[PDB]
Amino acid sequence: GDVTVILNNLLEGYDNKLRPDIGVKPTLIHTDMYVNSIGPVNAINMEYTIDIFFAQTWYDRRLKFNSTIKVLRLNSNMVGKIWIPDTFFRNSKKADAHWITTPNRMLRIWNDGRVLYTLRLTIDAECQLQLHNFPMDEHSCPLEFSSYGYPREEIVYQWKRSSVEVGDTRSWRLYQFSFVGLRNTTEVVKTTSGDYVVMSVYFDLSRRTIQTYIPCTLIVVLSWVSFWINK
Amino acid sequence: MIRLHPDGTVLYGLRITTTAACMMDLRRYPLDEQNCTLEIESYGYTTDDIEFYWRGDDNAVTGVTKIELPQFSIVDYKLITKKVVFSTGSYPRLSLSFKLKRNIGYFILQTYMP
Amino acid sequence: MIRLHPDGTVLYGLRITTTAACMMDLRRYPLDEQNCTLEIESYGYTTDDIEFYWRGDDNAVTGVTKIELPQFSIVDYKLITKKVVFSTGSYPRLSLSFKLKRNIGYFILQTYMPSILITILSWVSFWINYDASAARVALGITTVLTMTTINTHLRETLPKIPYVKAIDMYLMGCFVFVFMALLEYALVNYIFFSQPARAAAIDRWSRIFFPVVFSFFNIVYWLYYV
Amino acid sequence: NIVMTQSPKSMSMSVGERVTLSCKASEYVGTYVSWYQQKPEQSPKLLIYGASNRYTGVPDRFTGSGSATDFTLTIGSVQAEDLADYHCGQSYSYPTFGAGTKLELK
Amino acid sequence: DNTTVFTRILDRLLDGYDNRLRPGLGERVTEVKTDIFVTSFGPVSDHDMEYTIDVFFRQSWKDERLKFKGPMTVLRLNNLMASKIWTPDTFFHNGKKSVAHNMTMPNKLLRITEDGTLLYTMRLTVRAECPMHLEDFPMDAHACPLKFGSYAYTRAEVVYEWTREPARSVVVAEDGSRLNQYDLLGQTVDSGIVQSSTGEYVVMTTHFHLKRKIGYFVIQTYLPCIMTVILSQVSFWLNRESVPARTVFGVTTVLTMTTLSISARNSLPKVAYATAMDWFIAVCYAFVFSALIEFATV
Amino acid sequence: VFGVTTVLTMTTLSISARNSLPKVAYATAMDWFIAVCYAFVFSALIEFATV
Amino acid sequence: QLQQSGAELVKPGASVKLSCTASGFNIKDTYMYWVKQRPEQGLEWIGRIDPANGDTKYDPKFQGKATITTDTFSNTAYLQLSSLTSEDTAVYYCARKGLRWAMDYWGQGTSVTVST
Ligand SMILES: *[C@@H]1O[C@H](CO)[C@@H](O[C@@H]2O[C@H](CO)[C@@H](O[C@@H]3O[C@H](CO[C@H]4O[C@H](CO[C@H]5O[C@H](CO)[C@@H](O)[C@H](O)[C@@H]5O)[C@@H](O)[C@H](O[C@H]5O[C@H](CO)[C@@H](O)[C@H](O)[C@@H]5O)[C@@H]4O)[C@@H](O)[C@H](O[C@H]4O[C@H](CO)[C@@H](O)[C@H](O)[C@@H]4O[C@H]4O[C@H](CO)[C@@H](O)[C@H](O)[C@@H]4O)[C@@H]3O)[C@H](O)[C@H]2NC(C)=O)[C@H](O)[C@H]1NC(C)=O
Ligand SMILES: *[C@@H]1O[C@H](CO)[C@@H](O[C@@H]2O[C@H](CO)[C@@H](O[C@@H]3O[C@H](CO)[C@@H](O)[C@H](O)[C@@H]3O)[C@H](O)[C@H]2NC(C)=O)[C@H](O)[C@H]1NC(C)=O
Ligand SMILES: *[C@@H]1O[C@H](CO)[C@@H](O[C@@H]2O[C@H](CO)[C@@H](O[C@@H]3O[C@H](CO)[C@@H](O)[C@H](O)[C@@H]3O)[C@H](O)[C@H]2NC(C)=O)[C@H](O)[C@H]1NC(C)=O
Ligand SMILES: CCOC(=O)c1ncn2c1CN(C)C(=O)c1cc(F)ccc1-2
């Protein structure tokens, strides 16, 4: 009953195009992702598939309702209205979100701003593949995301306490490699428009033809048995 | 992105993946030089209506040096500006063209020496 | 399109392109008949609210007399009207069905002849005298390995389907024939030194018993799978 | 028809002691076992539904654990009033109950 | 004017309906009921380890605000009505690339009873992921799962329960198994609870059982192996004086083994460990070397 | 050896020759040329075999 | 929550009709069960009715001997037996499905005695 009133009050006099705090210090988006599975990795195409659950949080002074209701969950039908930060993956070749039944998106608005926005993804990234280090080869596959339309003066990312998780490492379907390590770095990149804060999470992999060359050499050496037979 | 300005200078940016098509002459295979190109033009506005020009001719295209193909190598790229005439009018055009050269050393051992 | 009328009769026609899925049975492949279907039915309305029926059973489907397939050939098409009952209600269904029959002359020569040739060549070995044993041994070995290689090479160009066919049973039959012939010659070569008349009889009996059994097997095969 | 074998048939335990019951299920029942308590000359009540889930209003000592085909109830500190009958019954299919266990204090 | 009464009823029904709020926000939790009717079980793939499945994913929940008093008592509303009312979000925890058909009009029926009970069903084409264990190839009997749970609503707000008794909920069609390699056995369903960083979410589970057919591989690889081994054991009955004959006889068996093993091992999908056919092929391949070395020492 | 060489070359030629072209019912104007190559080479083989 | 009829005494061969009234919720939401209990034995399932559609199932051993009908308007489910023998002298219960298909709410139970 009253939640409809609260929503109608929040949406009155609300402008979608403008990020919060346009004239003052920039918004500070916290980021936290959960890796579900890592698709097949191939050396020819030089690419790999990942499936994550991207989640990011930011304060917002205009969503400051006051009532007894502490927290209000929301379906994905609300994401279109309130502001949502653009965040693309620089390493992506082909990225698609999931809408199996409905749009997979979540929205949680706490009592004093602090929107929460999470959504499923599926990313294909270019992994710089090197093979001379074998048997000691350790490939590193990067995944680096950053804002697109906002310079460093207008948006800044930052990780949470842990902010990266994994699960069910046995069922990641990757054969030739094996998951070993995981790290996280933040940088600043200059481009045509200005300066963009570029988050970066890249985790390492290790490796564990030779079964096909043997049948050829075997037949070669075996054909020579003819020679020592009498003429 | 959309970026306004105090003097009204709009700035419109995209992020595109184009599977463009270039003609390849293979009479000289595998010792050949390829000229693959990318041609850009307006569509609904004649040359009396809109004007294209590269901004910062020296720095119009960036990031070419970091490009490394597995089989070719980017020798040189040039910039062009033209005016093309169709049946309906005169439309402006910009062109981007960069040569391609093969790595002969990968083919010598594998093909010629037998 | 949309085409109204004075008495309220709407006419709504799309232009669609369906990649339907029809169960194909390849047990009798290469020479088989396939019956593929296309089932049309409502989704939101039960049989109490909507009714389907072809508008003229003779001319409900046109253009089938002109369709040309590179490999198959149309034989006959039928039109059906049914009523299907799921867990929620009774939905109206219409069906389009038309059998498909493959061409014959192209695949038979390509596939079957080599095995028959290998079996006949394995037969060629019997006439040879038992004195030059090495020659018939070499022949009985070369036939086996040539047949195995023919089978392995043929199992690639054919469509990869992981269940049993008829051509595979045929090839395995020919493999069994050549293997039995080689075992027969091994037996003859071992038992000869004790008694010559046994082998001198077995040669002339086998020369006439192998082709008879082979032709009988082929007659049964081509009576049952044609 | 699914059959539910319950063991033991009847057992007696002193006050404040640990008590454990078992309900072996011959067929498959995917964690839909439910334990019912029946005091003498009353109506049965629901203690545990599913597995290791306590129905509201149930004391904290009643705890159960579940598997594919093996199920176990674990009472904590048995009291004076906890003496009653205990029935395990699966509802994966058309439901059927166990034989029943009577627990008299000593 | 026979439709005006129904249009007035419906417009009064949608008067001030807020689709962002689930039914009974401050009251009891919403209890969605689920039911699947698998129309056809698609082609299971060993390489990608995905299996295509078709479903008529049914749902039903009691919404209090949509109650009405009218003559029909069952409204068979169109497909467009489904977007304006609340519709629970139900994703698939392990589905890579699903697709909901849009053939001639969105495939969604929405039935509203007089009490307020809704019905809502789609025609999806699910493409899930099931990890396989090929340690018993080609005699393996592995089970591919399918997990669907609510999203953006914790367990304190939406709870899933199977529409009928769980044994008879996930139904497979009689002649719908357009499947060639494997053979279908049955179904297994199991409720559950999965705790995560956000909260505790309810998660239904379905297990489809599969057993590979061996009839093809019997006449494909095993029987040629057995024939080749029996043939390689024939050499002992040859005469010891005819040396070149026995040498060629022994070598060609190894040649046949190499050809057969190469032809057979190609179809096997890539794995880290060694499959159960590899041991048979290795022993079948070592006995001929044993016979050859035996002839050598003789 | 000579005949085996010719036969293997003819077969490996015919495979790709008919692969480059679609699979139609009737015989193309290249199938006849391939079949004449084929008939001559196997006639030479049968001649050798009977000699 | 639930009420049932009073104690019943009937001669063999006749038929008795039992009632279970649900107060506080519309039965058309959930199912309704019927369970009997012999003296000093385990529970035994009888049937299952769905007041939404009227569908019914029965224990194959009680099939044809028991009939379950419901009155959605008066909010009550009725159990009418067939010609009953002197054997089935036991208490009958009525239940309502819970969360995980566990029959949580039970009636006080009525006692049907077959005497002469
Ligand atoms: C050149 O032309 C082509 C085609 O002519 C253009 O492609 C089209 O581009 C437009 C512009 O974005 C798209 O419209 C919008 O699409 C998004 C996302 O689309 C996803 O779902 C698509 C299906 O849409 C739904 O409806 C069907 C109906 O059954 C459902 O089954 C689905 O579940 C969906 O809910 C699906 O087809 C898309 O797949 C394709 O696109 C992606 C992205 O490009 C590719 O990666 C894929 O590979 C694939 O090719 C995709 O999955 C919708 O979300 C938009 O709807 C919302 O947004 C509107 C604007 O915000 C709003 O007006 C709508 O009402 C709706 O908003 C609703 O939801 C909001 C929350 O999200 C609420 O807040 C709001 O209140 C409201 O309730 C919109 O439909 C076309 O889909 C797309 N078509 C195709 C075939 O690709 C191409 O863009 C053109 N190029 C250029 C440069 O313009
Ligand atoms: C790939 O092929 C194209 C097609 O020829 C090349 O474009 C050509 O580039 C030259 C110089 O780069 C152009 O010459 C110019 O002509 C104008 C005419 O007035 C003159 O004013 C300039 O000073 C210059 O001489 C030529 O016109 C142009 N051709 C076309 C059709 O646009 C391109 O250079 C090739 N790629 C590379 C890497 O060279
Ligand atoms: C291809 O397959 C379809 C089904 O997959 C076949 O459709 C079947 O056709 C027969 C006709 O021979 C139908 O039988 C009909 O029975 C009704 C019963 O009242 C009656 O009107 C007639 O006696 C008629 O014969 C059958 O219903 C229909 N559908 C099935 C079996 O599901 C079809 O015949 C096959 N062949 C062709 C060329 O389409
Ligand atoms: C680490 C941030 O995590 C998310 O942002 C997230 N977003 C959605 N969910 C999660 C948690 N998570 C790892 C799940 O798997 C899951 C499972 C559910 F059943 C329902 C929701 C989620």
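In what follows, every chain begins at residue 1, and chains take the letters A, B, ... in the order their sequences are listed. Just the heavy atoms: all of them, side chains too, but no hydrogens, waters or symmetry mates, feed the values below. Lab note: partial entry displayed, contacts enumerated inside displayed portion only. Counting starts at 1 for both ligands and their atoms, in listed order.
- The drug candidate or drug found at ligand 4 is named flumazenil.
- Ranked by contacts, the chain bound most extensively to flumazenil is, in UniProt, Gamma-aminobutyric acid receptor subunit alpha-1.
- Every other chain with a heavy atom under 4.0 Å from flumazenil is listed here: A, E.
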